[PDB]
Student: 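Below is a structure containing etrumadenant. Please help me interpret it.
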Amino acid sequence: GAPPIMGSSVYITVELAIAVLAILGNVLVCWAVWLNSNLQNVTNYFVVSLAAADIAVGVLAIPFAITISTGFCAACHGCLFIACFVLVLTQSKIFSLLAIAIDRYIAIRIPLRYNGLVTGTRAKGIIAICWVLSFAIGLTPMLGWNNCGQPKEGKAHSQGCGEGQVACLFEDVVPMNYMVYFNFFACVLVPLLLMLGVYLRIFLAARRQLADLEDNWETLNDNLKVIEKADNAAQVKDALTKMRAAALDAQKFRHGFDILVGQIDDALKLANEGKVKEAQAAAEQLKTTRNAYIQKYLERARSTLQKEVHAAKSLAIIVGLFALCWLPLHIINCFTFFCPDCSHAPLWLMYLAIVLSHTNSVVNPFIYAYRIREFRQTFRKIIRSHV
Ligand SMILES: Cc1c(C#N)cccc1-c1cc(-c2cn(Cc3cccc(C(C)(C)O)n3)nn2)nc(N)n1
Ligand SMILES: CC(C)CCC[C@@H](C)[C@H]1CC[C@H]2[C@@H]3CC=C4C[C@@H](O)CC[C@]4(C)[C@H]3CC[C@]12C
Ligand SMILES: CC(C)CCC[C@@H](C)[C@H]1CC[C@H]2[C@@H]3CC=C4C[C@@H](O)CC[C@]4(C)[C@H]3CC[C@]12C
Ligand SMILES: CC(C)CCC[C@@H](C)[C@H]1CC[C@H]2[C@@H]3CC=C4C[C@@H](O)CC[C@]4(C)[C@H]3CC[C@]12C
Ligand SMILES: CCCCCCCC/C=C\CCCCCCCC(=O)O
């Protein structure tokens with residue numbers, strides 16, 4: 001067996017590199033929100049809670065991980081705390097991520113009421129409430145769901161540990177049924193699936209709204225055809241009534257729809273009197289209102305929904321990379337736990353899976369920079385002005 005300090009040295013050098021980049025990158029996220037009022041919306045308060053958790057990974061959870069890989073003699077419950085602290089920070093990120101998905105779902109489903117429902121003061125109260133539950137979830141082992149009542153006394157002796165001490169190792173003190181049933185299944189997988197449902201519902205909503213617009217637009221332009229090409233009064237009235245509801249429905253900028261419906265009322269009135277050619281010609285005045293007001297709403301509405309879709313995809317990539325960085329390690333615990341006949345994943349793979357999970361704390365800054373113009377532009381200023 002190769003001197004264990006050769007593998008540890010690599011693992012540790014890598015952990016530190018990752019802690020450095022987690023700190024830098026998420027500091028930049030915070031500095032960017034601090035400085036650009038275009039980034040000071042509720043959604044980004046959760047971005048900031050997320051970046052704080054990732055700063056805390058680099059400043060505390062990674063040094064803790066390095067520590068608890070040595071097996072050092074430690075009081076069992078102090079071992080548990082350096083083992084479990086990172087579970088808190090991770091739970092924090094899961095709640096931020098879920099909050100964000102719900103925020104954008106409210107934003108696209110009821111845009112009209114979002115600013116009176118989703119306020120900065122309520123966001124901050126939700127964040128605080130989430131941090132406190134994260135401490136309760138990730139430190140639950142401290143409350144007694146732990147292996148400190150059944151230490152490995154042979155192992156503690158072979159290391160000369162004091163009395164009451166254990167060799168301090170994540171899997172020796174944190175029970176694996178906590179890690180699998182409670183943490184993984186219930187505190188991680190259930191929320192990720194929820195977030196999956198929510199982003200589903202967001203994309204469906206957006207897809208339905210865009211079609212509604214495109215329908216309303218076609219109701220508008222086809223019912224005109226029916227008018228130009230009629231020779232009967234009632235044909236004109238019928239086609240106009242179907243433009244008016246499709247106009248009021250799209251209304252749900254004002255000069256544009258006032259004129260439009262008013263001109264439709266104008267033409268409806270003419271058509272009820274049997275003035276076919278006089279209604280057909282008043283209808284034609286609508287086309288002028290279409291080109292100048294309605295088609296510009298169609299397009300800005302389309303543009304806003306495409307931006308929400310693009311934004312929601314950017315945030316779902318954050319959640320997928322969270323899942324990618326953490327599932328291997330969860331999957332390993334599931335084998336450790338459910339297959340006592342299987343050999344334990346080898347050390348080298350544990351190294352790989354642990355460092356992989358920690359790299360998640362580096363990736364969010366890059367997503368913002370690659371996918372969110374306002375962040376990317378801010379990031380450039382901060383770098384230039386303070387190289
Ligand atoms: C925390 C967590 C979460 C969260 N949040 C989610 C899923 C799984 C885990 C998680 C984490 C760790 C772990 C172990 N170490 C210290 C360390 C470093 C290098 C090598 C070694 C040895 C002794 C070789 O095993 N041990 N750091 N994290 N171990 C396990 N099974 N699960
Ligand atoms: C604000 C931040 C920097 C505070 C950080 C405090 C951290 C590093 C402290 C608080 C609790 C501490 C632990 C409490 C108890 C023990 C048991 C002892 O046998 C070995 C050290 C160990 C495991 C400590 C390690 C350091 C520790 C984790
Ligand atoms: C989420 C994406 C990246 C997929 C990740 C799947 C990974 C974690 C899977 C693929 C193959 C798996 C390994 C296959 C075989 C063994 C041997 C067994 O004795 C312990 C589990 C162990 C060591 C598995 C650990 C988890 C593993 C490495
Ligand atoms: C959406 C997906 C990623 C959710 C997570 C899937 C998890 C729960 C699945 C993926 C593959 C599964 C493992 C496949 C094989 C074995 C070996 C068996 O002897 C014990 C169960 C165990 C260890 C399974 C446990 C559950 C498992 C780890
Ligand atoms: C913004 C910071 C939020 C502060 C949250 C503090 C709430 C902590 C909630 C439950 C913690 C449960 C674990 C208690 C550790 C006790 C240590 C011991 O057992 O010796």
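One-based numbering along the sequence shown. Whatever order the structure lists them in is the order used to number ligands and atoms, beginning at 1. Hydrogens, waters and symmetry mates play no part in the numbers below; they use all other heavy atoms, side chains included.
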Student: Mind telling me which chains or ligands belong to etrumadenant?
Tutor: ligand 1
Student: Per UniProt, what macromolecule holds etrumadenant with the most contacts in this model?
Tutor: Adenosine receptor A2a
Student: Which is closest to atom 6 (C) of etrumadenant by heavy-atom distance: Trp348, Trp326, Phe64, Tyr351?
Tutor: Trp326
Student: Pick whichever of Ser69, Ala65, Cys168 has a heavy atom sitting closest to atom 21 (C) of etrumadenant.
Tutor: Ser69
Student: Find all atoms of etrumadenant within a distance of less than 4.0 Å from any non-hydrogen atom belonging to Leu347, and give their numbers and elements.
Tutor: 24 (C)
Student: Does the N or O separation between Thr90 and etrumadenant drop below 3.5 Å for any pair?
Tutor: yes
Student: Minimum distance, heavy atoms only, to atom 32 (N) of etrumadenant: which one of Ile354, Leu89, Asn333, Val57 is it?
Tutor: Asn333
Student: Going by the order shown, which atoms of etrumadenant are within less than 4.0 Å of some heavy atom of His330?
Tutor: 6 (C), 7 (C)
Student: Quick check on contacts: which atoms of etrumadenant are under 4.0 angstrom from a heavy atom of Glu171?
Tutor: 31 (N)
Student: If hydrogens are left out, which of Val86, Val355, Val174 has an atom nearest to atom 1 (C) of etrumadenant, that is, the closest non-hydrogen atom?
Tutor: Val86
Student: Write out the residue and atom name of the closest protein heavy atom to atom 9 (C) of etrumadenant, then the distance separating them to 0.1 Å.
Tutor: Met179 CE, 3.6 Å
Student: Could you tell me which of the UniProt transmembrane segments of chain A (from the N terminus) have a heavy atom under 4.0 Å from etrumadenant?
Tutor: 1, 2, 3, 5, 6, 7
Student: Quick one: which etrumadenant atoms are inside 4.0 Å of a heavy atom on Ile68?
Tutor: 16 (C)
Student: What do you see: which UniProt adenosine-binding residues in chain A have a non-hydrogen atom under 4.0 Å from etrumadenant, if any?
Tutor: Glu171, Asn333
Student: From atom 29 (N) of etrumadenant, work out which of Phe184, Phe170, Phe85 has a heavy atom at the shortest distance.
Tutor: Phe170
Student: Taking heavy atoms under 4.0 Å, what residues and nucleotides bind etrumadenant?
Tutor: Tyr11, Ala65, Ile68, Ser69, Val86, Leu87, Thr90, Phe170, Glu171, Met179, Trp326, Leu329, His330, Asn333, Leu347, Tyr351, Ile354
